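A look at one PDB structure holding nevirapine.
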Amino acid sequence: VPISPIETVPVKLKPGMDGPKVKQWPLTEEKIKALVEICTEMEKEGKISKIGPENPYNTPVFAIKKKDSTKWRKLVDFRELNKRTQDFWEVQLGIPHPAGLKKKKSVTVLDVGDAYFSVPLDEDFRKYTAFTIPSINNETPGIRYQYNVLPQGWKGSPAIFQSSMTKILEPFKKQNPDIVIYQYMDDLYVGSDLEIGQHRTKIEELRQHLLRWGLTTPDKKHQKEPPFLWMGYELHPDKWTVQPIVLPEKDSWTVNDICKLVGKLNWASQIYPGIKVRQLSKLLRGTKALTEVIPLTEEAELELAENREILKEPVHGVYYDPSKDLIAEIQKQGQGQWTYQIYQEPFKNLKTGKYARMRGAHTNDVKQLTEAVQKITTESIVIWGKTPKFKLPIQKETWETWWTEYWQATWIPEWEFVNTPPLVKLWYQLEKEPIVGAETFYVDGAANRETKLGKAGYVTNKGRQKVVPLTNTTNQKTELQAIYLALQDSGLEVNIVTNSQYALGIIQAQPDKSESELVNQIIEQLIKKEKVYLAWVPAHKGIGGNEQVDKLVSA
Amino acid sequence: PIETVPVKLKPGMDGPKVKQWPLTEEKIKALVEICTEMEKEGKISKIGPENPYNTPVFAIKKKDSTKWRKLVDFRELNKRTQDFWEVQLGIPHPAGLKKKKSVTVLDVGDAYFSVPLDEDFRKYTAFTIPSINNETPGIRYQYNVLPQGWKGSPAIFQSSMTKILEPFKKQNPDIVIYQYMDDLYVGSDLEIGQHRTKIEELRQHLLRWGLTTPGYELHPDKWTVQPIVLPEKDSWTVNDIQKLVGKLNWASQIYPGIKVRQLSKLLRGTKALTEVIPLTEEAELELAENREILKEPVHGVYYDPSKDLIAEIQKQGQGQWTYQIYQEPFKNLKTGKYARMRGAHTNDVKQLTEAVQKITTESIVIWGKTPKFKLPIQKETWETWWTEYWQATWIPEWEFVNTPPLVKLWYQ
RNA sequence: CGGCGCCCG
RNA sequence: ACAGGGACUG
DNA sequence: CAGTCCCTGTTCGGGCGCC
Ligand SMILES: Cc1ccnc2c1NC(=O)c1cccnc1N2C1CC1
Ligand SMILES: [Mn+2]
């Protein structure tokens, strides 16, 4: 007889599959003689057993190394068993962000020892565990055994651990409503607004409750260690910060340097306000090798500079005070880049961040703002579970005009205007109705698919005509091109009539920036003009002076 | 201790592994208090990591209600139980339900908590109550009883339902009663006073047979269809003739007897848009004959039960929305318009959420089926707030669309 | 070896 | 990598 | 009809930021 610590969680196998039988795979020759002994230890503790006949099971060994150890950590490879083992609902959905934590007066960390080997494996599944690994080099053929607990590198070790531990904690917690716990791996962090000593009262009383379940809590445990260092974070009960960031000063610039660079800037951007990656990010476009050589442009360096000066002075985040409102304010940073700060009390920030993503082939500041506002709302719901007060560089009339004209359903939640320049504006509007006393340019364009060759032009009510030959082009590009001409050759006020569904779709969505130089130019001409009217008439319907410019360019 | 109707994921497909989306703290409180109380009632119970299945859940308050109703998005499960409900047991859809002067919708879903569920199936109803900021892990449950909003729940309860109702149908034969998922549709030509009385009465029926029921009226006899109509003009600019002609070209995709010939000829030279061109008589008559073909129905558009319905919504501006229901292009089963819905003039997503609900509703009263939406919205916008404005116990299917406005010409 | 988050086909 | 829409091929 | 492309916008295989 062995003994029985804590409730076991049933595990099946993907129906119609069975335990593995495998040949060994290389692992370093020196440390493994040690486990021959360590194995006998486990025999006595209940973490191992053996039987001769019943196991058609064998597993190899493949491992991962960790820095900062005063002792070596053993491993075994169940990968064949793994692939053959039922799936679980993973318990780690990702991790809480510091800015979502409430400030807690007292916060301690107990690190659970022998955590994975402290959890009973499912009785009947125990069978599938049998394994073998080289003695020192090797001499005689060998022997084998079975596992009584959660094995290293097994899938359920993490799932079942997390759940069992949680299951254990539930009754302490129900008995202690005003404590606050969080579990990451084998470490537990506990915190309260109670007084420092009675807090330590419950800290021992809990090391008690864990012991009552066979869970070890050493005294290497620290009330005196905080800040706790966790995943790039430094956490004190009063204030949090990113762990110190080292920005490369290298004279030599390879694309992998710029990569690590960018990732680092964004990670800084969660806390240090106003980080810009745009120009550094332009270098990265369409490169074959991660080891290639790239020079830095002047803009990207003036930016890298401003950023280095951002990192110069230190910074810290506050924590969330659920009693008080959440405020998120976005300032337009230009080049389709955006920044935001979320604070409650002014100038004490919970966090910052960037939204730079240029979304779409042609876009504008209203669309893009709407996007930043959505990103932030989503993030806010993840962390604080609520939506912020918006402080937005946009007049309530700017915005109203946009969302109310636009064909898509679009919305920003409750928000208030902040008059911080540059302010977001609509750079042109298309008229909703034809313009009296403007020339009417009937415009068309066509190209030939085979030759990729073509022409763009127009006819007007005034007799004015034009046709321009174009090389290496498409039907679409010519229809944009003809509308363009009609913009160029027209007065301040002009009516433009086009037959292209494509072109009309772009312009009518009022882009202020585009990937396409021709659209940028169209946009530019558009801003200059006092009034524009875009009209659509079906092709080859024998329309208007539309049949005429269609003839003119199809020739 | 009563039987349990075994249930099966139609052959080949696994249980829903679909992920739980992040919730507001508000809604997480309401869900926690509802599941702990419902666990206490043994409707649901806690589960472990051995059940690797999930259905997403959130919560809503029904229209005009300050009490929180839990809502599970069982769409994925319903897709994976489907052959079971559709192929095994069919439910005839009353064609008269739509003709009734009033139709009330009562939420009977609570009754579903009576019947047990096949112990072998329960592992597929697994749903996570999320935690804010991932401070705790999820509280995972699974449904012990017949889970609200799964298509099997209204299916399996069919016998019992037809039973409890048989007294009323027998006493009131002229009253039409239809059932779609967690909702029950009841309608009659009675004057509203006595209708509401017959409704309170039916409420009693299900009340004494052991059910609780936390206005709902619809007026299907009043539902109007929006036909396409060409403008009435005193005097015509060129531009008018052009937009007219373009529209005519579309309608001619729908009604084939349309001709643009004489209006096109009206456009003959290269003319200023705003110049005023008089209507020739031959054209005046082609146009009036067109205004005619547009008062007709469309030959050969009829509902085919086997086909999925598809519903398209266009945003027309200024609180207006147009919609069209069809199973196949250009053969439209219904066209319509909504205005001054909640959110009008301030929040588009709200209005749209409303439109999707009203449309699904007419769709259920008429064909007994929820439509597939094409939503004139960005995917992400929609996911964020659609979860915020939802008052219905069901969830239609949707996909996201971009059609800068030339079909916006479904209304002047 | 993975999870989580961005950038390129 | 996948889909929707346009337009041209007899 | 299918069968061609031209243009545009969300899922998966490369690599950096955090374990
Ligand atoms: C790393 C971590 C993750 C999640 N929560 C906590 C912690 N540890 C803390 O440093 C912490 C700090 C301040 C307040 N709560 C904290 N806690 C909460 C549990 C009391
Ligand atoms: Mn053309």
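Chain letters run A, B, ... following the sequence lines, proteins first, then strands; residues in each count from 1. Read the numbers this way: they start at 1 and go in the same order the structure lists the ligands and their atoms.
- Every copy of nevirapine included, the relevant parts of the model are ligand 1.
- The largest share of close contacts with nevirapine comes from the chain named in the PDB entry as HIV-1 reverse transcriptase, p66 subunit.
- Lab note: other chains with heavy atoms under 4.0 Å from nevirapine -> A.
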